[PDB]
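Figure: structure with imatinib.
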Amino acid sequence: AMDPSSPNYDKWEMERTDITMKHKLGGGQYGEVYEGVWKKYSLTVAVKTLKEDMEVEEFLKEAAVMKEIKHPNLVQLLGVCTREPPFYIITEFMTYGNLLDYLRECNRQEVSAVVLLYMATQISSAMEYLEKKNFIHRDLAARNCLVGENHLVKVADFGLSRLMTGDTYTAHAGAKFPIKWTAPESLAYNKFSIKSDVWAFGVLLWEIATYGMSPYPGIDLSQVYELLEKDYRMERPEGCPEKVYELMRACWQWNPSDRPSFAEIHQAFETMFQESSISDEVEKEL
Ligand SMILES: Cc1ccc(NC(=O)c2ccc(CN3CCN(C)CC3)cc2)cc1Nc1nccc(-c2cccnc2)n1
Ligand SMILES: NC(=O)c1cccc(-c2cc(Nc3ccc(OC(F)(F)F)cc3)ncn2)c1
Ligand SMILES: [Cl-]
């Protein structure tokens, strides 16, 4: 099946022995994801596998989806091993790891307002692409983005809901939801769409603007929906330019139809500071 002449050929299928498997990534925070080396390229990779013994079809579904998407700001599929168990999905490795930790740990002279704007812009580009292709993310947040060289940011989906410890994800409607990132219509009506990703993007924008603070700080999960329904929204973070906060507020429109498209959001990021410096706005606000 590995030869192009074969009727069973799949360009994505790679030789398992081409990859040298190292340790589990990030202590175990990603489940069954391992650091790897793709031998012939001397390239470090991330390798997702299945744990011993119905989630097989979900895994294969993920591999199929990843074959359909290609964008500079979406984590890139490099290959799979899905002919026989154990199944692998191989992606590029991103030097600086997840964006949430990166924000919390970064040198702030380096990761200035300009860099933060670039990170937000890149994420909106990935999401504009997903929007165009009629995909939904379903769990957009800083914890699901990666950071590489020169502040490159890629959107990922690590399937965190039943891995992550703590109260980021909590029980809701038979599953685990990240309540503070979840659009109200998703919480209340189980309605997910690109517009519920827009809501989540607004929360992610707030994470960027605060260098990774936890959203709705000090507010009980039990109160989030009621507060949002009564028009409460997180306040503008310290130093946040008004035009950026306006964009956050647009993402958090109660009616999903009133929220901007990711194409509109990306355009806004390109125009917002075309003639003016984000550094100057932050300074003005402070
Ligand atoms: C090894 C692997 C296997 C699969 C995936 N998959 C994805 O990241 C992903 C992204 C977008 C989609 C699109 N999808 C559309 C439909 N909706 C419902 C879900 C999202 C699907 C999968 C990533 C990885 N990469 C990965 N995983 C965990 C950790 C890391 C990692 C950690 C630290 C440094 N560098 C890399 N890297
Ligand atoms: N040391 C300081 O002067 C100080 C104190 C508090 C906040 C900040 C601060 C805020 C800040 N905010 C900020 C920057 C960019 C931004 O746009 C985007 F979200 F990234 F798109 C939205 C908000 N950027 C850089 N520094 C600095
Ligand atoms: Cl989808």
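Residue numbering for chain A follows the PDB entry, covering 243-295, 297-529 in order. Note that these values count all heavy atoms, side chains included, but never hydrogens, waters or copies made by symmetry. One-based numbering, in listed order, for ligands and for the atoms of each.
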* Asked: Where exactly can imatinib be seen in this structure?
  -> ligand 1
* Asked: What is the name in UniProt of the chain with the largest share of contacts to imatinib (ligand 1)?
  -> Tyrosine-protein kinase ABL1
* Which chain positions lie within 4.0 Å of imatinib (ligand 1) by heavy-atom distance? -> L267, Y272, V275, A288, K290, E305, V308, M309, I312, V318, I332, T334, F336, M337, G340, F378, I379, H380, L389, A399, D400, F401
* Against heavy atoms of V318, which atoms of imatinib (ligand 1) measure under 4.0 Å? -> 7 (C), 8 (O)
* Which of the atoms of imatinib (ligand 1) are close to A399, meaning less than 4.0 Å from one of its heavy atoms? -> 8 (O), 10 (C)
* **Closest UniProt active-site residue, chain A vs imatinib (ligand 1), non-hydrogen distance to 1 Å** => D382, 6 Å
* Protein heavy atom at shortest distance from atom 14 (N) of imatinib (ligand 1) -> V308 CG1, 4.0 Å
* Nearest protein heavy atom to atom 25 (N) of imatinib (ligand 1), by residue and atom, and its distance? -> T334 OG1, 2.9 Å
* Asked: Which atoms of imatinib (ligand 1) are found less than 4.0 Å from any heavy atom of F336?
  -> 34 (C), 35 (N)
* Asked: Looking only at protein heavy atoms, which one is nearest to atom 22 (C) of imatinib (ligand 1), and how far off is it?
  -> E305 OE2, 3.5 Å
* Map the residues of chain A that contact imatinib (ligand 1) to UniProt domains and give the domain with the most. => Protein kinase
* Overlap: UniProt ATP-binding residues in chain A and residues with a heavy atom under 4.0 Å from imatinib (ligand 1) -> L267, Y272, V275, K290, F336, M337, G340
* What residue and atom, counting heavy atoms only, is the protein's closest point to atom 11 (C) of imatinib (ligand 1), and at what distance? -> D400 CB, 4.1 Å
* To do: Consider every N or O of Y272 and every N or O of imatinib (ligand 1), then say whether any pair is closer than 3.5 Å.
  => no
* How close does the nearest protein non-hydrogen atom get to atom 37 (N) of imatinib (ligand 1), and which residue and atom is it? -> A288 CB, 3.6 Å
* **Residue and atom name of the nearest protein heavy atom (relative to atom 35 (N) of imatinib (ligand 1)), distance in Å to one decimal** => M337 N, 3.0 Å
* Should you measure from each heavy atom of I379, which atoms of imatinib (ligand 1) turn up under 4.0 Å away? -> 15 (C), 16 (C), 17 (N), 18 (C), 19 (C)
* Atoms of imatinib (ligand 1) close to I312 [distance to a heavy atom under 4.0 angstrom, numbered from 1] -> 13 (C)
* Just need the protein heavy atom nearest to atom 30 (C) of imatinib (ligand 1), so name the residue and atom and give the distance. => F401 CE2, 3.9 Å
* To do: Within a distance under 4.0 Å of any heavy atom of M309, pick out the atoms of imatinib (ligand 1) and give their elements.
  => 4 (C), 5 (C), 6 (N), 22 (C)
* **Ligands/ions near imatinib (ligand 1) (< 4.0 Å)** => ligand 3 (chloride ion)
